[PDB]
Colleague: 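Please find one structure pasted underneath; my questions will follow.
So for chain A, numbering is the PDB entry's, and the shown residues are 1-278, 280-326, in order. When a ligand or atom number is given, it counts from 1 through the structure's own listing order. Side chains are part of it too, since the values below use all heavy atoms of this structure and drop only hydrogens, waters and symmetry mates.
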Amino acid sequence: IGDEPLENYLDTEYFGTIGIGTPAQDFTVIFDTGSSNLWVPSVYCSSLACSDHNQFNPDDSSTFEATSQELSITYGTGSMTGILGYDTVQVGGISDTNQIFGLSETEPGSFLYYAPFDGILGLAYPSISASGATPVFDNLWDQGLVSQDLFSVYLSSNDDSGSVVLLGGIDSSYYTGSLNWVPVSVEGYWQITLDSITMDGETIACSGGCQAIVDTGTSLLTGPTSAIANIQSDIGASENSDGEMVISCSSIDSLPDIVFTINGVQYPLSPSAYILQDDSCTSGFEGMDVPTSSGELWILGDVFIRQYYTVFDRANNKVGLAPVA
Ligand SMILES: CC(C)c1nc(CN(C)C(=O)N[C@H](C(=O)N[C@@H](Cc2ccccc2)C[C@H](O)[C@H](Cc2ccccc2)NC(=O)OCc2cncs2)C(C)C)cs1
């Protein structure tokens, strides 16, 4: 069982350190259940985001083996291109040998320049991995470095320490009640069916069901822009001068919980979860249109995951949820 501590950066990004190569070169990576590639910046990249983050240097690793396979990824925010290569990755106390990973060669755009983390470690299914690169957790399972084909995620609140990815384990110290298991609707993302979104008894979105993914790499609770717009009004949010959804800090005490029904079980989010507070109070919701085969995706990001300990089970292709302790 491997324990990977995560730093909680402003309740918006959760990243942990990994080592790559021999000797180990260290990187912070987002542990991202919404993607499936591992990549870090490399010395081959001249982009500005590469210049203000750690860069992997193959020349200094005795176990590195190059490939001539290239890689390209577009995320909802930014993007990268690079090279695949093989090396030993240290993650959660586990020596993940012969792990294929991306060495960036371009990292355009503002966001990655200002992000505190170097790269991304995806935890989703191999079917959505760019250039078919074996995801890290698949490589762990295939080498037998975890005994149970599952991992769990605890994300702390209020910028506290203690966030953790548990590789190969479930820890009931981190939740209360029993774990509720949700079948994966479509194996790619950790994609599940959301039955309803309600408020004060009344359905306010996702009437008749909608597809959703559980995504540690997304800060907010996002959905189709239209549906999100109604929710933004139902809680009393509106764009400011400079483009942010302001909610009175007065309403954290007044409004009722918003309830997500998943596989017939109710998962409430209180105003203290879906209203981001700092004097300054913003909406935890944000519009973002994610079109796919199965339909337009909702994103249950860190706003939701902070309230529910989450188990990602590849043995039986299910997601487990329980209220955090
Ligand atoms: C400044 C402060 C307030 C904030 N920082 C943030 C951090 N941001 C921007 C995000 O969380 N933004 C999310 C995001 O892209 N998360 C990303 C991590 C990331 C962050 C920054 C730069 C590069 C990558 C990672 C997320 O798991 C997204 C979720 C997703 C899935 C499918 C389609 C679209 C989106 N995953 C992907 O984009 O997967 C890439 C793929 C494309 N094809 C197959 S997988 C968006 C979905 C909104 C939010 S608020």
Colleague: What is the drug at ligand 1: ritonavir, dirithromycin, dalfopristin?
Modeller: ritonavir
Colleague: In this entry, what is the main binding partner of ritonavir, named as in the PDB entry?
Modeller: Pepsin A
Colleague: Do any N/O atoms on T77 end up under 3.5 angstrom from N/O atoms on ritonavir?
Modeller: yes
Colleague: Could you see which bit of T218 sits under 4.0 Å from ritonavir, with heavy atoms only: side chain, backbone, both or neither?
Modeller: both
Colleague: Check whether any N or O atom of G76, backbone or side chain, sits under 3.5 Å from an N or O atom of ritonavir, and answer yes or no.
Modeller: yes
Colleague: Counting heavy atoms only, which of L298, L220, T293, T12 comes nearest to atom 3 (C) of ritonavir?
Modeller: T12
Colleague: Nearest heavy atom to atom 7 (C) of ritonavir: which of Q191, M80, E13 does it belong to?
Modeller: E13
Colleague: Report the part of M289 (side chain from C-beta onward, or backbone N, CA, C, O) that has a heavy atom under 4.0 Å from ritonavir; answer both or neither where that applies.
Modeller: side chain
Colleague: Heavy atom under 4.0 Å from ritonavir: found in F111's side chain, backbone, both, or neither?
Modeller: side chain
Colleague: Check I120 against ritonavir and report side chain, backbone, both or neither, counting heavy atoms closer than 4.0 Å.
Modeller: side chain
Colleague: Any idea which atoms of ritonavir are less than 4.0 Å away from a heavy-atom of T74?
Modeller: 40 (C), 41 (C), 42 (C)
Colleague: I'd like to check whether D32 has a polar contact with ritonavir, where a contact means an N/O of the residue lying under 3.5 Å from an N/O of the ligand.
Modeller: yes
Colleague: Taking atom 16 (N) of ritonavir as the point of reference, which of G217, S219, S72, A115 owns the nearest heavy atom?
Modeller: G217
Colleague: Find the UniProt domain of chain A that dominates the interface with ritonavir.
Modeller: Peptidase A1
Colleague: Give the atom numbers and elements of ritonavir that come within less than 4.0 Å of a heavy atom of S35.
Modeller: 39 (O)
Colleague: Evaluating non-hydrogen atoms only, which member of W190, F117, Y189 is closest to atom 43 (N) of ritonavir?
Modeller: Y189
Colleague: What is the residue list for the binding site of ritonavir, using non-hydrogen contacts under 4.0 Å?
Modeller: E13, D32, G34, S35, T74, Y75, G76, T77, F111, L112, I120, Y189, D215, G217, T218, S219, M289, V291, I300
